[PDB]
Amino acid sequence: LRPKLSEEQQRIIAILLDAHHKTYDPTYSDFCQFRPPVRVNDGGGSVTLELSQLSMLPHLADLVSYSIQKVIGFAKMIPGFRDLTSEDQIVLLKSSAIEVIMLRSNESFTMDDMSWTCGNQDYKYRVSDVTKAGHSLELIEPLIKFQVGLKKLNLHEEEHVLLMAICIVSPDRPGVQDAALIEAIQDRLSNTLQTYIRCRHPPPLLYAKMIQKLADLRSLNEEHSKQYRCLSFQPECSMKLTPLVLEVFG
Ligand SMILES: C=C1/C(=C\C=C2/CCC[C@]3(C)[C@@H]([C@@H](C)OCCCC(O)(CC)CC)CC[C@@H]23)C[C@@H](O)C[C@@H]1O
């Protein structure tokens, strides 16, 4: 049974594609405005040295902070999001920010060399850059596995934006008040995605795979939170972050 997308579902897709195009610059032209990337000698991947310098933290914190601002803008355009109270909106944004960043970054991720390529060598981010920002393999390895698995689903941009929207409007986040309204908004998005898939996605299970990526994201979120807490213990770490990053992860 392949019901056609309703006029409403078509509108939801057009709105999400527009929101993404307005909030994700595929040329990465703003990145030179961030504090500059610095890459120190760390072939040994020394934790002591990485924590002592946190060379790539200013740049990656600025990239993440910028990305959170973009995610806030994207979320505000999701059909139904503005119906939620501001408190619920903020709870959802703070809890999903890192997950949406991991999802949206798949657009710059490339399997050519397993990096997030955003321009010249200066803005090519590799695993070694994340270690230079103070993170460990317990987060990085699973993150790369997630990027590759997501890349291989070969999602249509419609599916990609719907997945980000579904990730943000999740009723099971701790602290949510009106879970039922959030579930209604999410269900409207989920049905749109399921309909789109069994309608526009050429053969050769995709929906279940996408749902599984949302579960993987919860695991990555938890590991990232654990590592952020540890990083926050490093003296002077707050200056290398930004007020928005401090609030969202603090
Ligand atoms: C962001 C975006 C991009 C890349 C994402 C990356 C590469 C760098 C390392 C990141 C940011 C990972 C992250 C695990 O690295 C640094 C973690 C950052 C922090 O915990 C808080 C700032 C301090 C160490 C998650 C996603 C990774 C570029 C572009 O696709 C826009 C997108 O919007």
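Here chain A follows the PDB entry, giving residues 120-164, 216-374, 378-423 in order. Determined by X-ray crystallography, 1.5 Å, according to the entry header. Basis for what follows: all heavy atoms, side chains included, without hydrogens, waters or symmetry-related copies. For ligands, and for the atoms within them, numbers begin at 1 and follow the listed sequence.
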Colleague: So what drug did they put at ligand 1?
Modeller: KH1060
Colleague: Which polymer chain sits in most contact with KH1060, and what is its name in the PDB entry?
Modeller: vitamin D3 receptor
Colleague: Heavy-atom contacts with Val300 under 4.0 Å: which atoms of KH1060 show up? List them by number with element.
Modeller: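 Going through KH1060 atom by atom, the ones under 4.0 Å from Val300 are 9 (C), 15 (O).
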Colleague: UniProt domain of chain A with the most residues touching KH1060?
Modeller: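 Most residues touching KH1060 lie in the UniProt domain NR LBD.
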Colleague: Below 4.0 Å from KH1060: does a non-hydrogen atom of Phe279 turn up there or not?
Modeller: no
Colleague: Which of the numbered atoms in KH1060 are under 4.0 angstrom from any heavy atom belonging to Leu404?
Modeller: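 Answer for KH1060: 23 (C), 24 (C).
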Colleague: Before signing off on this row, confirm whether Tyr401 and KH1060 have an N or O atom pair separated by under 3.5 Å.
Modeller: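 So KH1060 has no N or O lying under 3.5 Å from an N or O of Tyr401.
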Colleague: Under 4.0 angstrom from KH1060, any heavy atom of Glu277?
Modeller: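 Flag not set, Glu277 not near KH1060.
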Colleague: Are any of the heavy atoms in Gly304 under 4.0 Å away from KH1060?
Modeller: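 Outside the 4.0 Å threshold, so no.
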Colleague: Of all the atoms in KH1060, which lie at a distance below 4.0 Å from a heavy atom belonging to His397?
Modeller: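 Checking each atom against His397, I get 19 (C), 20 (O).
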Colleague: So for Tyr236, does at least one of its heavy atoms come nearer than 4.0 angstrom to any atom of KH1060?
Modeller: no
Colleague: Which residue and atom, if any, share a covalent bond with KH1060 in this structure?
Modeller: none
Colleague: Which pairs of N or O atoms, one from KH1060 and one from the protein, are separated by less than 3.5 Å, and what is the distance for each pair?
Modeller:
unit_1: KH1060; atom_1: 20 (O); unit_2: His305; atom_2: NE2; d: 2.9
unit_1: KH1060; atom_1: 20 (O); unit_2: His397; atom_2: NE2; d: 2.6
unit_1: KH1060; atom_1: 30 (O); unit_2: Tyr143; atom_2: OH; d: 2.8
unit_1: KH1060; atom_1: 30 (O); unit_2: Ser278; atom_2: OG; d: 2.8
unit_1: KH1060; atom_1: 33 (O); unit_2: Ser237; atom_2: OG; d: 2.8
unit_1: KH1060; atom_1: 33 (O); unit_2: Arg274; atom_2: NH1; d: 3.0

